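Toll-like receptor 7 in complex with resiquimod.
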Protein chains: 2
Amino acid sequence: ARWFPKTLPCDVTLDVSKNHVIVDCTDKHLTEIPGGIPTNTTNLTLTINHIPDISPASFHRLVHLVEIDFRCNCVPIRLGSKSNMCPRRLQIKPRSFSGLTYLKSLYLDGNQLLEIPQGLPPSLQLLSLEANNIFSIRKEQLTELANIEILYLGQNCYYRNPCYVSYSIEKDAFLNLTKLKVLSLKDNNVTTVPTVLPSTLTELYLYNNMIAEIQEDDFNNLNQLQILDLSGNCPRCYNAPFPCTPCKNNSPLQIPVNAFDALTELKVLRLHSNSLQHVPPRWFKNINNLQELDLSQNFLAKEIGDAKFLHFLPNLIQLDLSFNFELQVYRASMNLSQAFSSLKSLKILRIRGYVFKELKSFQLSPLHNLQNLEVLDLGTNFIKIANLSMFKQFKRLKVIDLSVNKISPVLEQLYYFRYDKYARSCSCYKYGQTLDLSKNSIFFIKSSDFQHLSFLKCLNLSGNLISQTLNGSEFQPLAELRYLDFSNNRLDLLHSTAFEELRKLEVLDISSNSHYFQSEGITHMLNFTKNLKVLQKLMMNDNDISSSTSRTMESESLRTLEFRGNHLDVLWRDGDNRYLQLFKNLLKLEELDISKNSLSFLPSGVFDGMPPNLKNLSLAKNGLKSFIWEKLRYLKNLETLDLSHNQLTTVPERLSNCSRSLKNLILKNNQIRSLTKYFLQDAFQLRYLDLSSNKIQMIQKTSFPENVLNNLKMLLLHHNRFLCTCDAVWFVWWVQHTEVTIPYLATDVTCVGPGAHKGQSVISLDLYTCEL
Amino acid sequence: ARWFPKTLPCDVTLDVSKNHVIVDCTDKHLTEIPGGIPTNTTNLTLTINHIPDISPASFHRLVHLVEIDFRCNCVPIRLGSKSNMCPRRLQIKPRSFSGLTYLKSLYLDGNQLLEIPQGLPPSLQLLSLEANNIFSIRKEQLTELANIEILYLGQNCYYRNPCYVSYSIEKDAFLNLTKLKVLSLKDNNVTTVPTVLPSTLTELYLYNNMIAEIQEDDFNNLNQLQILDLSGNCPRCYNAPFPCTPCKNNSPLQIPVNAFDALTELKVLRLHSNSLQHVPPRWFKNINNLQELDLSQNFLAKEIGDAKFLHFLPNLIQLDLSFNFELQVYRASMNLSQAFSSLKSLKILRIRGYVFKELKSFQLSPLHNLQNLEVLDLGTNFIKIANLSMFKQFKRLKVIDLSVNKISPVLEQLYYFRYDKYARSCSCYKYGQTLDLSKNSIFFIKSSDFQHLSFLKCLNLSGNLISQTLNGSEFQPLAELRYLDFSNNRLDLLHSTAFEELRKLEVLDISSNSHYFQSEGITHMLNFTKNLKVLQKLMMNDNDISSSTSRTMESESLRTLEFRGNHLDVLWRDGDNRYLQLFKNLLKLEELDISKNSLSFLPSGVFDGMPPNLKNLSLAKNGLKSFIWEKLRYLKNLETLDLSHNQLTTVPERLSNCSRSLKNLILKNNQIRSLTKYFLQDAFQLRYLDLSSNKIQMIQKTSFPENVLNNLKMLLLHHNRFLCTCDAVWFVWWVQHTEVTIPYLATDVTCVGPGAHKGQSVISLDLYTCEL
Ligand SMILES: *[C@@H]1O[C@H](CO)[C@@H](O[C@@H]2O[C@H](CO)[C@@H](O)[C@H](O)[C@H]2NC(C)=O)[C@H](O)[C@H]1NC(C)=O
Ligand SMILES: *[C@@H]1O[C@H](CO)[C@@H](O[C@@H]2O[C@H](CO)[C@@H](O)[C@H](O)[C@H]2NC(C)=O)[C@H](O)[C@H]1NC(C)=O
Ligand SMILES: *[C@@H]1O[C@H](CO)[C@@H](O[C@@H]2O[C@H](CO)[C@@H](O)[C@H](O)[C@H]2NC(C)=O)[C@H](O)[C@H]1NC(C)=O
Ligand SMILES: CCOCc1nc2c(N)nc3ccccc3c2n1CC(C)(C)O
Ligand SMILES: CCOCc1nc2c(N)nc3ccccc3c2n1CC(C)(C)O
Ligand SMILES: *[C@@H]1O[C@H](CO)[C@@H](O)[C@H](O)[C@H]1NC(C)=O
Ligand SMILES: *[C@@H]1O[C@H](CO)[C@@H](O)[C@H](O)[C@H]1NC(C)=O
Ligand SMILES: *[C@@H]1O[C@H](CO)[C@@H](O)[C@H](O)[C@H]1NC(C)=O
Ligand SMILES: *[C@@H]1O[C@H](CO)[C@@H](O)[C@H](O)[C@H]1NC(C)=O
Ligand SMILES: *[C@@H]1O[C@H](CO)[C@@H](O)[C@H](O)[C@H]1NC(C)=O
Ligand SMILES: *[C@@H]1O[C@H](CO)[C@@H](O)[C@H](O)[C@H]1NC(C)=O
Ligand SMILES: *[C@@H]1O[C@H](CO)[C@@H](O)[C@H](O)[C@H]1NC(C)=O
Ligand SMILES: *[C@@H]1O[C@H](CO)[C@@H](O)[C@H](O)[C@H]1NC(C)=O
Ligand SMILES: *[C@@H]1O[C@H](CO)[C@@H](O)[C@H](O)[C@H]1NC(C)=O
Ligand SMILES: *[C@@H]1O[C@H](CO)[C@@H](O)[C@H](O)[C@H]1NC(C)=O
Ligand SMILES: *[C@@H]1O[C@H](CO)[C@@H](O)[C@H](O)[C@H]1NC(C)=O
Ligand SMILES: *[C@@H]1O[C@H](CO)[C@@H](O)[C@H](O)[C@H]1NC(C)=O
């Protein structure tokens, strides 16, 4: 019990080690900077509110600020919400920041500013002005930034935030910023590389602009540069998901053979979507240290068969040559130059979108002696034919990616095609060697398909066309396999011996194999688990399972079963007792997800039929309208119960008399109108309680004893129907004074009434008239 | 417009032609019979309420009743709701019905009654007592029913409603019911056919019981019998979705060879799930008239190859032999006896679940000269091989059904396996010859697959594995095809010539082909419609479409496009204008469904890009948060606008000023809190307005002018947040007195407040204190 309730609508955190006082008002529907921000505040975040102006009054007392993050209070129209459009650009009055003598970082992105704010203090190292309307950079406006190290100025002139002219940078605008390390002028309608830049630069971002030519002297003095990105100048526009204008005459970005001669420290060079047709070896004459080269989205199909430049790249770790195919050509095979065999240090090679019919072992020979190679990505190639046995020569790899091909007998889903993959907003690999054949056209498998692949630890066959009864013979070579992803196929579980040859299998995913489960009368052996002696996790979600020939699933090893998106309602049809012990003999089961099974009620017998060590149970999203809480007594190890998104109207009379073990109880999104008188009495093991999005009007102390409440890690109460009368005096006082974490106090823990108090936050509620 | 507002919570309808006054109180959450039921009431329905008793008071004034339907006021526990269980059986006091001199039909199903109710009037023709607890029938209890024609007594003793003993029927119980035509004793735990039954019977239902044997004289005197159902006596229990006990020693229902000799009028004989191994021809010696025979779910696999009995069935119209397979046998081929060729009158033949590998032309030769044959169903057979050309000999058929097989180069989904398909609760065929290959394993198609099939009007390929670029060559022989269902495949629309060879195609479904639309960078030609010159309807739902190589779809014929479940939000990304005319050149488009496209706002240009004759537009389920109503002015022929299930908060100031053509406006399930002052002023075209499930508090007269309300066919206002204060005087009076059709007045047009009035129906609201 606090003496001084916190009324500030911001989260406040103390890191006493670094003398930091962190005040986070992100997304609090503020129209002004709140009063009462601590005087010792060092980090203030006001991102995503609607504060229309800054003034000397804004940060007057806050002389210790090292960081102000004031992003996105007035976002450009095409980037922002159309339902609450910002009426007018952010107004910054003079002298708003000059008193902030300690200020090291100022983020003003996304405020529709017209100029670089002046009057900035000389302590400043980082200034961020992305997604404003600043499209002319003048030396005079940069004087104030003598000590600046990091300067983000991109996204001020592009299709989502147009300025309708070419960007302008004055000659030498940046040269006297003698500490400047990082400069980003991406997405800006820039026409030439600005010169001369300070020789202190380590990173220069010039991507997504209109630079048609690099001058031979553009990067001459940049002997500390580590990252250079020039991508998206003369873009390759085929199937671009954004408005795309190529350089005329089908020209590439014109880079002189000596343009990079000064860049002795360069580790990263990105030349994505520059419409390049050749890669001159001479580019790399004085760069020995290069680690990452991106040449995706050019027209380098022919060059890949020649590629003399690779002889200059013995320290390269990553090479990307994806999407270099020649339009309207479907090549017979892949032609990799012998020069690839020079890439001594290569760990990652990506060649998506080369677009060819047949992959053959001899085509990968240039890679045979790359000892460090960990990832080979040949996805999205429309490969029809590939003998998988070729990968016996690639046992050292971590991931072989043939995803999205047409074979028959982790990068973001948008990655190569998106406009700016580093734009800022307001998995089985860890098991060992992985062969990813997801999203192919495999319709039938047999043992011989996997000959010589016994070293594989993860096989991903998700999203193939496999419509086959498995009998234990199809995967015989895969003696080491620990993870099989068989999701999104048409498994037919006619035989209980399915998968038994995978003797080291720990995780099996057969989710989204609903096809044979959808048609009446068909045999399904759900007892196939018995044979899998180290199986830890089974996923069988979204299989629409409503019938089973076997009555029990069996396993001595299984710990986790996901059974979401089935029809246990039909299996457990009231009057039919036959499947009430379906999961009972999964003796080591700790986690069971039976959400989304249309269970509007639970027949008696379900809880008695649960296996004895069940710890985490989800019954979410079932339309459940009633629930006999007493039956939780059968679940002696139960720690997490998820009943979210149902239609429950009551809680147990005594949660302690239903379950002694329960730590996490999730009742969000139900129809609960009141709590029982002694609901939480003596529930000392309770740690997490979600009652949000219900219809609760009143809570009294008997239901919510203080010796239970003060031990919760989290208590969620938001989006209820609290009635703020004199009867609510205890709850209101308790909420205002507690240290228990209750999220959304500042925003969605609100009185609905009476009258005067409607829409008011309970945190701000003054009930003195109740005590007169 | 009314002087006497209707307060009765039942719908009341007049059919003056048959002198009927129909009062329907179905599902009105009634706990008593309401007062004020009209004295002239002829049909009274009180089904699905919680009225706990009937007495002389119940129907006292209602002397003209011809029908009382009082079903399901206390349903058996396993059949009923578990959230509102019925506490005690319905109580009927003496003399409750004897005054109802005209009563012809009494339904008392599903009330947990213990006996046949006595004191019934002699006018009664139909009595229904299904799903009660009456399991002993005595002659004495039936004397009141001298005039009874129809008697339903089933579902009184079975697994969903157990009685724990065998059913008992006294000897000759029914014999003196000399007008009895229809008797149903299904689902009753009956052990013998009751005898002697009255010779006036036309239909006898004895299915789902424990009859082990028919005696030779059980049906001797039933010379008027038309329908006999003995199914589910000695059931075939393999994969039964209900608890199933077979007769011992695998015995069939034992039927003597002469058991049916008296049944000269018999038209329908159902012997489903009787575990039959033979069908003696002698059964049918004296039945010439038989039209329908069901022999599904027996063990007749061998008999189908012999089938001498078919020689006695020259008038049979329908024959069902589905699910006769031998357990654990997968036959090479199907062996139909030559005797099938004697089925001169046959229209429908179903043989699902025979379970065989290969279908060959010669196997169907016994059917070649059945001239009347219209439907051939060989679904659910696990057929792997079938030359589709064989169906050139079957051009006279209406439907050829090979659904749910494994072929590679309309009955309810539960039908053959369900317990009782006639249990009572409380498509392209019309285009002509149909070949249904849905739910097969076809992975690649070519022209020659359809050789000799040019007569087909509808082809169903839904749910195959077709992952192929189509180029206009794959369907060349299908010259007459009007409907292609290509849904649930993996169409790759690389070429705009896809489907062009289907020159007569009127409807194309390519819904749920999302696979190639889900991976970035892939080419997709949505302009493939240009070539299809009679195409009327295109469905491309749930394709996840977020990119297109072509900018415009084109067609001179298309009238209906379904484009639901895509990502128009990504295609029309704010700042990208390229796809704003995607639909503009569908010049004859009248119907466009762009629901479920994540459209949280509509970019400007969308409405100007719509084609000119658009009449019906759905933007439902988009998360729409704002809407510029004025843009509706571009849609000059707009008649239906569906904006349901969005997050709109306001209506236009003047709908008339946004659209002159709009007739139907659907705003249900939005967040509207108030209407604009003059919302409907001069909206003379408006005919239908749905404002249900919003948050409206008050409506005043200005918003709703009488000269618009007078032309409304329907105005939906239920599930709002009406505040019943003195400011609501107009709305409350208007609702009570209007003739405009407003559904759910009895149930869901309710005050939320203030206090006293909470949960009260507005129809019942008395505001006299406002006028004092
Ligand atoms: C508070 O503000 C300071 C100043 O911007 C932040 O300091 C940065 O912290 C990380 C450590 O995780 C470093 O790698 C950066 O280089 C630091 N920058 C400077 C300029 O000191 C600090 O992280 C902020 N803390 C918050 C918001 O919690
Ligand atoms: C990028 O700069 C160009 C000019 O280099 C802008 O193009 C001009 O736009 C105006 C108004 O749209 C036209 O009337 C001029 O004719 C254009 N000039 C040229 C030379 O193209 C372009 O809009 C700028 N891009 C962005 C996104 O703001
Ligand atoms: C159908 O009738 C049989 C009796 O013919 C019922 O089975 C008996 O049930 C009692 C109580 O469960 C048992 O003690 C007897 O052993 C059973 N007898 C036999 C012969 O099986 C059965 O309960 C009835 N079915 C239903 C659905 O009520
Ligand atoms: C009407 C079918 O009844 C059971 C059944 N289930 C399957 C099944 N899940 N898959 C099958 C695959 C090939 C052949 C037969 C079957 C099969 N069958 C047929 C059977 C002979 C029993 O295997
Ligand atoms: C990275 C791929 O970009 C374009 C494309 N789209 C498809 C497509 N939808 N399907 C294909 C099928 C076979 C071979 C090539 C393609 C193909 N291709 C390759 C192309 C050469 C244009 O045909
Ligand atoms: C591979 O590519 C190079 C292009 O420089 C070409 O000279 C060579 O003939 C090609 N080999 C094959 C097998 O196509
Ligand atoms: C696949 O490659 C292996 C050699 O690693 C060989 O045994 C096998 O015969 C090849 N398969 C086919 C189908 O050519
Ligand atoms: C397998 O590939 C699919 C589809 O590409 C992906 O979503 C899935 O997570 C992968 N599976 C595993 C286990 O990594
Ligand atoms: C499993 O199927 C394969 C053919 O795909 C066959 O070789 C084998 O005999 C089958 N195994 C058993 C145990 O029946
Ligand atoms: C699985 O299902 C049933 C018993 O419930 C039986 O037909 C089959 O032999 C069983 N197989 C295993 C591995 O338990
Ligand atoms: C009214 O009851 C009579 C007699 O049962 C019946 O024939 C008629 O269909 C009923 N009408 C309606 C509308 O339910
Ligand atoms: C098919 O079936 C019957 C078995 O009932 C057998 O007598 C007959 O010879 C078989 N005929 C053919 C053509 O296989
Ligand atoms: C299918 O049968 C037809 C005769 O109707 C014949 O032309 C064709 O050869 C058969 N096709 C195949 C692939 O066997
Ligand atoms: C085609 O078959 C599927 C069932 O497999 C069914 O859902 C669909 O409605 C049928 N299509 C048509 C046009 O009848
Ligand atoms: C279309 O595809 C078929 C078979 O794949 C082939 O016969 C034909 O060459 C193709 N037509 C065109 C115009 O490419
Ligand atoms: C479809 O789209 C592209 C232009 O994006 C064009 O090449 C192609 O010929 C068009 N086809 C038709 C049938 O209009
Ligand atoms: C909307 O109302 C104004 C004022 O009456 C009128 O001038 C304007 O033309 C109207 N527009 C339409 C489309 O009716």
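The first sequence line is chain A, the next is chain B, and the lettering continues from there. Numbers in chain A track the PDB entry; the residues on display, in order, are 27-435, 459-475, 490-835. Using the numbering of the PDB entry, the residues shown for chain B are 27-435, 459-475, 490-835, in order. According to its header, the structure was obtained by X-ray crystallography, 2.2 Å. These numbers come from the heavy atoms of this one structure, side chains and all, not from hydrogens, waters or symmetry mates. Counting convention: from 1, in listed order, for ligands and their atoms alike.
- Put simply, copies of resiquimod show up as ligands 4 and 5.
- With heavy atoms closer than 4.0 Å, the chains neighbouring resiquimod (ligand 5) read A, B.
- At a heavy-atom cutoff of 4.0 Å, resiquimod (ligand 5) is contacted by the side chain of B:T532 but not by its backbone.
- At a 4.0 Å heavy-atom cut-off, resiquimod (ligand 5) touches A:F351 through the side chain alone.
- Close contacts between resiquimod (ligand 5) and A:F349 involve ligand atoms 1 (C) [criterion: under 4.0 Å to a heavy atom].
- The protein atom (non-hydrogen) at minimum distance from atom 15 (C) of resiquimod (ligand 5) is A:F408 CG, 3.7 Å.
- When hydrogens are left out, the protein atom nearest atom 19 (C) of resiquimod (ligand 5) is A:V381 CG1, 3.8 Å; that is the closest non-hydrogen contact.
- Scanning all protein heavy atoms for the shortest distance to atom 22 (C) of resiquimod (ligand 5) gives A:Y264 OH, 3.9 Å.
- Of the other ligands and ions shown, none has an atom under 4.0 Å from resiquimod (ligand 5).
- Scanning the protein for heavy atoms near atom 9 (N) of resiquimod (ligand 5), the closest one is B:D555 OD1, 2.7 Å.
- Contacts of B:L556 with resiquimod (ligand 5), taken as heavy-atom pairs under 4.0 Å, are absent altogether.
- The PDB entry lists the organism for chain A as Macaca mulatta.
- Residue-ligand proximity: B:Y579 is placed with every non-hydrogen atom at 4.0 Å or more from resiquimod (ligand 5).
- At a heavy-atom cut-off of 4.0 Å, the residues contacting resiquimod (ligand 5) are A:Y264, A:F349, A:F351, A:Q354, A:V355, A:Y356, A:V381, A:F408, B:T532, B:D555, B:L557, B:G584, B:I585, B:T586.
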